[PDB]
Amino acid sequence: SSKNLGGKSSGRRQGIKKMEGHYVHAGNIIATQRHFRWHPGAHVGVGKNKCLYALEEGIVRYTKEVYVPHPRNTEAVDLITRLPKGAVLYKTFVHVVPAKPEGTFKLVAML
Amino acid sequence: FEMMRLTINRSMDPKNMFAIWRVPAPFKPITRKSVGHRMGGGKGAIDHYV
RNA sequence: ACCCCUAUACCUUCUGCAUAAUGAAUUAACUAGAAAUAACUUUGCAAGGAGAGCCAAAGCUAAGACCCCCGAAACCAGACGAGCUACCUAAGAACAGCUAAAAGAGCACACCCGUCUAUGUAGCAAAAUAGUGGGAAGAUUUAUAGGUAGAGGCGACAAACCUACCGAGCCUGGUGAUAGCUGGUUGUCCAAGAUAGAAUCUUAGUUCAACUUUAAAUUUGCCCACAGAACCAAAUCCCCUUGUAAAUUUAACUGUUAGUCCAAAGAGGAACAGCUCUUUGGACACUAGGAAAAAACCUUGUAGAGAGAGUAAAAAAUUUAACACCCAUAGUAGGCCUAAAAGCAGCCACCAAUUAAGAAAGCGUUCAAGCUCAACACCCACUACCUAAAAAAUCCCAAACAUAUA
RNA sequence: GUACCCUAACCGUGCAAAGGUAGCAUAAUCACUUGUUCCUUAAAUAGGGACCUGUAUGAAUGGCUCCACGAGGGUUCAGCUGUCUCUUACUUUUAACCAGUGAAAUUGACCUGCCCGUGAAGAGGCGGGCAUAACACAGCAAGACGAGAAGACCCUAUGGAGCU
RNA sequence: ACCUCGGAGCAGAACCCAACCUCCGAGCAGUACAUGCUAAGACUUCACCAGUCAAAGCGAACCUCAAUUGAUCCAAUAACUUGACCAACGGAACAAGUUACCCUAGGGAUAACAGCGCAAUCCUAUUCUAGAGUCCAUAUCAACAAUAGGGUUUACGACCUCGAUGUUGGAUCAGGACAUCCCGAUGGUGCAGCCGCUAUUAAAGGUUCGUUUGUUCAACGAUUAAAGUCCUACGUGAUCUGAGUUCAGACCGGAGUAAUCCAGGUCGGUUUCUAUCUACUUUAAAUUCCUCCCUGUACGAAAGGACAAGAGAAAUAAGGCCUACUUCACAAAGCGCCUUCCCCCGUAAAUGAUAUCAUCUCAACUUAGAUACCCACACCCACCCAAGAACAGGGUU
Ligand SMILES: C[NH+](C)c1cc(NC(=O)CNC(C)(C)C)c(O)c2c1C[C@H]1C[C@H]3[C@H]([NH+](C)C)C(O)=C(C(N)=O)C(=O)[C@@]3(O)C(O)=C1C2=O
Ligand SMILES: [Mg+2]
Ligand SMILES: [Mg+2]
Ligand SMILES: [Mg+2]
Ligand SMILES: [Mg+2]
Ligand SMILES: [Mg+2]
Ligand SMILES: [Mg+2]
Ligand SMILES: [Mg+2]
Ligand SMILES: [Mg+2]
Ligand SMILES: [Mg+2]
Ligand SMILES: [Mg+2]
Ligand SMILES: [Mg+2]
Ligand SMILES: [Mg+2]
Ligand SMILES: [Mg+2]
Ligand SMILES: [Mg+2]
Ligand SMILES: [Mg+2]
Ligand SMILES: [Mg+2]
Ligand SMILES: [Mg+2]
Ligand SMILES: [Mg+2]
Ligand SMILES: [Mg+2]
Ligand SMILES: [Mg+2]
Ligand SMILES: [Mg+2]
Ligand SMILES: [Mg+2]
Ligand SMILES: [Mg+2]
Ligand SMILES: [Mg+2]
Ligand SMILES: [Mg+2]
Ligand SMILES: [Mg+2]
Ligand SMILES: [Mg+2]
Ligand SMILES: [Mg+2]
Ligand SMILES: [Mg+2]
Ligand SMILES: [Mg+2]
Ligand SMILES: [Mg+2]
Ligand SMILES: [Mg+2]
Ligand SMILES: [Mg+2]
Ligand SMILES: [Mg+2]
Ligand SMILES: [Mg+2]
Ligand SMILES: [Mg+2]
Ligand SMILES: [Mg+2]
Ligand SMILES: [Mg+2]
Ligand SMILES: [Mg+2]
Ligand SMILES: [Mg+2]
Ligand SMILES: [Mg+2]
Ligand SMILES: [Mg+2]
Ligand SMILES: [Mg+2]
Ligand SMILES: [Mg+2]
Ligand SMILES: [Mg+2]
Ligand SMILES: [Mg+2]
């Protein structure tokens with residue numbers, strides 16, 4: 001018998017690739033996720049498979065922030081306008097605190 | 001359940017006693033395979049409820 | 001010398017063998033690791049080296065050092081075989097006696113065969129002997145020559161027979177066929193060394209990874225502080241100190257990739273299995289002591305000698321059931337229902353006299369009648385431990401012991 | 001669907017090339033099966049006779065009888081007997097002893113016991129107990145998972161071969 | 001039945017994680033036509049292959065979805081590009097059955113027999129007191145359910161054995177357990193007696209012959225005191241048989257194009273072994289039935305009808321001997337004859353404390369409650385024997 005078929009797919013190896021305080025470079029993937037568990041914050045970009053990568057080079061920090069969706073996101077705006085008064089939604093966000101300056105001014109000529 | 005129900009209903013006084021269950025009805029399904037069947041070949045069909 | 005104490009042959013195979021798994025009577029002799037690509041080490045010379053060819057952004061040249069043995073059923077080519085046997089050809093031979101005289105007739109010798117039983121089973125015999133049988137003038141038996149041969153012959157088809165193992169003869173050659181399979185693999189000593197997985201006509205194998213080994217180069221490697229890891233339990237990840245000394249990379253490869261128990265979280269099954277499947281962690285496949293013998297439980301690991309010493313784990317405890325005495329009239333056969341249901345079939349109520357008795361708690365009566373309890377008195381006083389089995393097959397299984405100071 | 005059960009002479013419907021005919025029939029016959037009835041026996045899963053969509057019989061895949069015949073398979077009357085109740089006695093061979101000659105399979109080494117337990121799960125060899133001077137000869141077959149034949153059944157092999 | 005891909009649980013919190021485990025899906029669709037080019041840094045289904053995200057830059061503008069898929073070679077094409085339910089989905093360019101006529105290399109890494117583990121199934125005992133039993137749970141039976149035990153069935157596992165652990169029934173010889181079929185003892189009864197039912201104790205002794213069937217079983221005939229349940233490698237094939245079952249021949253029915261097959265029937269079909277080692281090869285107390293009398297007694301309305309005590313007669317078993325009979329004949333045998341002896345424990349009572357009654361007492365206490373055989377021992381060269389395989393033994397006056 002055993003009419004149950006399929007379900008032989010392997011693990012996706014998803015999750016956090018860069019924890020708190022880890023030095024990160026530009027383009028390094030911070031987290032891979034099937035659903036929006038961790039949200040993009042400052043200097044963290046999102047790729048179309050909801051992946052999180054570092055837009056700048058620095059230190060990864062995980063914070064907890066209020067959640068204000070885009071007024072075009074219909075499902076989110078419906079949830080917000082169906083949320084009772086006095087309640088603010090919270091999500092977990094990932095930031096990269098940039099370590100270096102953008103550049104330096106230095107002497108090149110004595111004209 | 002039938003043993004308890006019959007014994008308590010027979011032995012009680014229906015004018016001065018009252019009895020209630022604190023245990024729900026049989027809900028967990030217990031499955032049994034066919035007799036003489038070797039090991040494997042899927043999970044057996046549901047036999048009763050506990 | 002034995003008697004005392006200790007001691008479960010070896011190899012192979014396996015998760016694990018004293019195993020009643022394999023091999024071995026014993027001795028002597030014989031009998032099994034062949035080599036490249038690269039690397040590493042040591043020389044020579046050196047932007048070149050080599051006795052042409054070739055390689056060269058330190059290389060080139062030379063040397064060293066690394067890759068087993070036996071075994072199928074098979075396939076093909078060319079020979080040799082019909083003195084056995086299958087069938088045929090040529091020319092021969094044999095068949096007493098009796099019935100009836102005709103017969104693929106009957107009884108029955110010789111002769112051919114082989115039904116059944118017994119013996120025999122390395123035998124007298126690689127198919128026999130004794131008895132019992134079928135046929136025995138025919139499609140019979142038999143001597144002599146000859147013929148048909150293997151991708152075939154021959155066959156009253158049993159896939160029978162073709163020189164004592166014919167589903168396709170035998171010999172030689174290809175051939176040292178091949179074997180993911182079994183068996184074997186020969187001096188001494190030391191050291192490191194235990195199993196995530198993925199593919200595969202693949203799960204008896206192999207390749208990559210993983211683990212392991214060696215040689216180099218370098219700097220961090222394990223244990224981890226706080227803070228950090230999501231909405232719909234034990235823990236882990238990350239991680240500075242700190243304690244320690246390993247780790248990563250480069251070069252070269254083999255081998256392991258057929259796994260068992262225990263504790264824990266689960267799944268399947270019977271909340272069966274010395275069952276099957278994952279995960280975490282031990283141990284075993286390595287030593288020693290203990291639990292009786294003992295894989296997996298406990299104690300303990302780094303190696304020698306000692307006729308020294310302190311310790312580790314380490315020896316099962318339990319033995320059960322006494323419960324009172326004395327007393328009892330009566331408003332009433334309370335009412336209803338019923339034939340009666342009277343304290344006691346079923347209903348409503350549950351008052352009330354004696355000092356003190358339920359409009360009755362069990363029995364018991366068709367119903368009655370009866371006898372116990374609760375009640376007076378009585379009196380030492382309710383005395384009140386609140387607990388519970390047994391079986392199987394050779395023969396019970398150490399001997400025993402309650403009392404001399406941890 | 002139709003004549004109280006069974007069963008349809010009968011009616012309706014669909015498909016096919018034709019829809020199993022005569023005969024036999026519980027079979028040398030799938031399950032039911034030891035089918036039902038009679039004979040045979042004291043007693044019958046045997047044998048013979050009968051019934052029977054045989055729900056898988058059946059006509060040169062030859063069907064059904066019949067005369068002879070058969071080391072074919074089954075049943076049986078009577079007789080016969082050690083076949084047995086129930087075994088005994090004797091002779092020969094074998095045997096045992098003496099003399100001569102003189103093999104083979106087998107064999108890790110053995111100084112080769114019993115009970116219970118244990119253990120790769122069935123111990124002569126381990127644990128606990130018991131037993132125990134040494135050594136031939138005859139006999140037995142419970143054990144040495146006894147000897148023989150690298151299981152004749154099962155599975156595996158990217159191993160074969162024969163046949164269709 | 002499944003073979004590839006994805007989601008959820010197992011796998012609760014970084015990752016990973018199996019089962020012929022539990023569920024749900026996928027082999028597309030829709031939009032766009034910059035779905036253009038290029039390029040830091042990363043992730044990665046535990047390898048590789050494959051797959052995934054992406055800053056900046058050039059050029060423009062001002063993709064949704066979960067899986068939704070297929071390598072190399074080769075083929076088509078001028079080119080860009082495009083080709084498999086290669087779904088056994090890391091894919092061999094293209095190949096089915098059958099073998100009982102079979103063969104080889106192995107495997108107890110893997111089935112059949114046996115053992116072992118387990119007890120679902122099977123069996124037993126107890127607890128509880130519904131119910132049945134005129135009444136009455138407990139003379140007897142017994143629902144729902146609970147507790148414990150056994151290892152006889154059918155299974156399940158695959159732990160020893162495939163460089164062989166031979167098999168079903170039957171013969172022969174039996175060893176053992178008691179959960180007792182009979183014989184012994186006792187308690188209860190819905191036990192008047194005879195018969196019964198139920199329970200305790202008892203394994204010394206016994207437990208038949210036939211027809212059919214290969215049967216174990218089962219049915220039937222006739223008995224008996226009874227015709228027990230099991231274990232022993234479903235005891236026992238180096239003791240036997242080979243009827244059955246699973247080699248090669250053949251037939252019937254069916255399946256298949258056929259070879260051939262059927263967990264269907266039928267006829268036939270080789271059962272080797274010289275014993276090396278262990279073990280063993282003479283251990284005297286017997287049971288049961290029937291007959292008579294007791295006795296037509298006890299008992300009982302009658303019909304029916306004992307138990308003890310005692311006497312006799314048998315049968316079997318064990319041991320032995322030939323007087324006769326019989327096979328036979330200096331003798332061995334049975335079909336003949338002779339002999340055969342102790343108890344057995346469940347319970348029922350008396351006295352009497354704990355508890356000044358009572359109480360059979362895990363209170364002290366009282367009652368029911370073996371002999372036999374053998375036994376000395378350098379006469380031995382030799383002969384004989386009722387003694388014996390050899391040896392040994394007895395006799396030789
Ligand atoms: C013993 N017999 C009944 C027999 C049985 C089987 N099958 C079994 O193993 C069955 N046993 C079970 C019941 C499964 C336990 C058997 O498998 C065999 C045989 C017989 C042999 C005979 C062989 C014979 N040789 C070796 C003595 C012989 O020469 C021939 C011949 N005609 O030439 C054979 O046929 C023979 O080799 C053979 O085939 C036999 C068996 O296969
Ligand atoms: Mg999954
Ligand atoms: Mg997986
Ligand atoms: Mg093994
Ligand atoms: Mg063996
Ligand atoms: Mg051995
Ligand atoms: Mg082997
Ligand atoms: Mg000739
Ligand atoms: Mg003639
Ligand atoms: Mg004749
Ligand atoms: Mg011929
Ligand atoms: Mg033929
Ligand atoms: Mg044939
Ligand atoms: Mg070879
Ligand atoms: Mg070492
Ligand atoms: Mg494969
Ligand atoms: Mg292989
Ligand atoms: Mg296991
Ligand atoms: Mg003839
Ligand atoms: Mg001699
Ligand atoms: Mg051992
Ligand atoms: Mg033993
Ligand atoms: Mg031995
Ligand atoms: Mg002897
Ligand atoms: Mg053997
Ligand atoms: Mg073999
Ligand atoms: Mg293979
Ligand atoms: Mg092949
Ligand atoms: Mg080949
Ligand atoms: Mg990867
Ligand atoms: Mg950009
Ligand atoms: Mg495949
Ligand atoms: Mg594949
Ligand atoms: Mg045949
Ligand atoms: Mg073989
Ligand atoms: Mg078995
Ligand atoms: Mg009643
Ligand atoms: Mg296993
Ligand atoms: Mg075997
Ligand atoms: Mg052997
Ligand atoms: Mg008893
Ligand atoms: Mg047997
Ligand atoms: Mg035997
Ligand atoms: Mg054969
Ligand atoms: Mg014959
Ligand atoms: Mg024999
Ligand atoms: Mg021995």
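Labels below follow one simple rule: chain letters A, B, ... track the order of the sequence lines, proteins then strands, and each chain is numbered from 1. In listed order, ligands and their atoms are each counted from 1. Be aware that this covers only part of the deposited structure, with contacts counted strictly within it.
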Given the options linafexor, tigecycline, zafirlukast, milbemycin oxime, itacitinib, which is seen at ligand 1? tigecycline
Most-contacted chain near tigecycline (per the PDB entry): 16s rRNA
Other chains, non-hydrogen atoms under 4.0 Å from tigecycline: D, E
Which residues would you count as binding tigecycline, with heavy atoms within 4.0 Å? D/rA152, E/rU167, E/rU246, E/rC247, E/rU270
Just wondering, does anything else (ligand or ion) get under 4.0 Å from tigecycline? ligand 44 (magnesium ion)
